[PDB]
Amino acid sequence: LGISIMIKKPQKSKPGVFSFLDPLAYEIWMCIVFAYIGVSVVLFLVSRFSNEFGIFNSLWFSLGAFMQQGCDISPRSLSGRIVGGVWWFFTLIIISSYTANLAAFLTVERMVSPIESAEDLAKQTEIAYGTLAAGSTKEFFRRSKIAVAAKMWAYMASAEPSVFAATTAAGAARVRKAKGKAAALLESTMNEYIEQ
Amino acid sequence: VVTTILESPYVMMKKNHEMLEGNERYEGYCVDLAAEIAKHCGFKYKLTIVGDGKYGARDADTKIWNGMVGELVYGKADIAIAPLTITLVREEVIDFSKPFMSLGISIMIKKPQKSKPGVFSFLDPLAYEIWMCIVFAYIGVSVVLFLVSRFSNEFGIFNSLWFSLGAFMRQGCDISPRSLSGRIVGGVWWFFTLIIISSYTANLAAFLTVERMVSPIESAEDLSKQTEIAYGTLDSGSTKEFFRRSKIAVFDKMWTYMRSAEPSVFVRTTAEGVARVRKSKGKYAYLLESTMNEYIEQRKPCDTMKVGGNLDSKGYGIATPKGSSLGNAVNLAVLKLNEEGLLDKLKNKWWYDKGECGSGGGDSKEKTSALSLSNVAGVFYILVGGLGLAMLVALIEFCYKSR
Amino acid sequence: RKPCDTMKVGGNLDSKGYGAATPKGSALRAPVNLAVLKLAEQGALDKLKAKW
Amino acid sequence: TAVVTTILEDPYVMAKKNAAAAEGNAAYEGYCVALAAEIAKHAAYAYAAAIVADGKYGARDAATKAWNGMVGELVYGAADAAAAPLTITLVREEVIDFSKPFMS
Ligand SMILES: O=c1[nH]c2cc(C(F)(F)F)c(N3CCOCC3)cc2n(CP(=O)(O)O)c1=O
Ligand SMILES: O=c1[nH]c2cc(C(F)(F)F)c(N3CCOCC3)cc2n(CP(=O)(O)O)c1=O
Ligand SMILES: CCCCCCCCCCCCCC
């Protein structure tokens, strides 16, 4: 056996039902609706000074224009064409932005690398790791003359909270409650008994 | 009878110094250096802190030394294993070792973090020149399509501009050209708009995926050239008096700037200077000793960093009074310690191994967040502006038609 | 001072130093040490390096 | 007078164009010749720059403790100053007496 890592088991992390709309915040998703109503009413207003752009027809055109599809009708006056052009530019930017940020989400999530060895845990500093208070594992690290091992010991010697655990039952509990923050360093056989 | 100083990384008191104080208790870089000198030169030294708490300087009228020079010229102490900026007046009164560490006047700036995304940021993925070329390409294609359709179909200027704008924004075109020369223009503009929109989307995805942070200032020459960021020293000291007695082109500018500038850039103490750099987001740059800067950027909260090389080089020695038989027993020890790779090992350990933060871990720190309204609102403003303008021109046309 | 196909990146790893050496136990030891220290204080060694 | 010992070919000491036209120390000038002009005015001596012959900095040969080149020209009393880039080393220090670094 040997000294072995122990980390919280990664959960399945089921995605939300409406997770497709994460790449844009909730404020954006509602100001889109409110700007759509505003545009559909202004286009009616401008067309109706005194054709086909009633209010229902105008809401249909503006919906079509947001979804990049576009309808059979199109404004045929200068002051309706201005509204059309500006709403077109806005929807182009918003849709391009949604796709770009979704690609960013997927790309970043794909390059995820869990802490797999001791070297990776040594370089990384986001997760605190703690041995038992008094035992052969702590004395190992104190007497350790390996740079990576000494790097951990230098870290474990001083920490704002006590990374050390008094009891191995406490050590298991600390990792479970820390939700990935605590990484116990116990013997391999006990580790394989606990995870099983 | 070795002296020392209270500087935190160099000679420090352990936790509960009251419980344990003295030779076997004191810690610090100079402490371990003294121990290694003993290992190379066995001697009976008792560690005594400097009484005055500061380094040497001779009052003009008094003409007496004090601190680590007063404790050595007057036989009050044996040597001084501590940071002495070796210099002319101190060397005329003490015998100095070969410099066991070299340094300079570093530049200290706050670590650059991502700014608040300003409005009109949606047009960052493409350079300004490309946006201008897009505008004038649209206005050139529309007029050419008009001319073509009016050599040999309606496609007047007002309707051709609408067709081109519709084709760019990927929204379906109302009408399509029927001639051949009217169709070549349509095909070319379709290809162009497809490539441009694909480029914008792809580059924006690159912007959001991996982020690069650039230091606003790189070196002291560019810092003098910029002058948008205010840079200040300590009030009075070597790092301050250097700029007055400097005749290099850049340094005279960097002095005559801070010589006459409001408010007071000069800081009372280094703690206040680092606090001011941390407070002001990017407007303050601090010019301190290189070692102090390197040490500070390692401590919590690790919110600062050192940029640029050292402006002028100095050295720290191990002072020893002129007549001492220990005078030549320290030069050789220092040179051997330097050559063995032991002094560098010491500095490395006590500055990076005792590091509150590490650069080699979490350097990427990759995290992606939902795109807030702040990023986008620059297009909501344009949308509402366009609507207001449309209503305005509608009333203008109405009032014109009515008369 | 050579065609810029190469560049220096990163800080130097170790430390060294050049000194205007004098023969052991000679009469030009102290004045030369003073001359070098005073030159470095006034930047006459930084004006020269920036030149060549 | 005093005799100086400089190494060559570097950025430090170079031979001027029309070296044959010029004579004495002026026949070759460089950074460490300009330096070894300033030190004169603070130690007040008139020298004549003399390039080392062997063209090596110096090390005691393993077989025979003979110091070569620029430090050798000092140890054996052949010439006095060493106004040239001699790295400050322990082995050279135990034999010869340096100054404080003029460059790091
Ligand atoms: O011999 C000197 N050695 C010095 C060593 C240090 C440091 F190394 F940092 F400990 C400092 N500090 C600079 C800022 O950080 C805290 C104190 C000042 C020194 N001064 C005073 P100066 O003349 O103003 O440089 C000397 O005189
Ligand atoms: O005292 C010394 N002075 C030296 C001066 C120089 C330089 F001035 F830069 F020429 C150099 N070079 C840098 C590397 O490329 C070749 C020349 C080395 C030196 N060495 C080490 P070595 O001569 O390589 O054994 C010394 O020990
Ligand atoms: C469909 C036409 C839309 C026109 C949008 C014009 C954008 C103007 C933004 C200028 C900001 C310049 C900041 C330096």
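Chain A is the first sequence line, chain B the second, and so forth, proteins listed ahead of strands; every chain is numbered from 1. We show just part of the entry here, counting contacts only within that part. We count ligands from 1, going down the list as the structure has it; atoms in each ligand are counted the same way.
- At ligand 1 one finds the drug ZK200775.
- Most heavy-atom contacts to ZK200775 (ligand 1) in this structure come from the chain listed in the PDB entry as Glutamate receptor 2.
- Using a 4.0 Å cut-off on heavy atoms, the other chains next to ZK200775 (ligand 1) are B.
- As deposited, there is no covalent attachment of ZK200775 (ligand 1) to any chain.
- The source organism recorded in the entry for chain B is Mus musculus.
- Using a 4.0 Å heavy-atom cut-off, the binding site of ZK200775 (ligand 1) is formed by B/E7, B/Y55, B/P83, B/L84, B/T85, B/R90, B/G237, B/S238, B/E289, B/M292, B/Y316.
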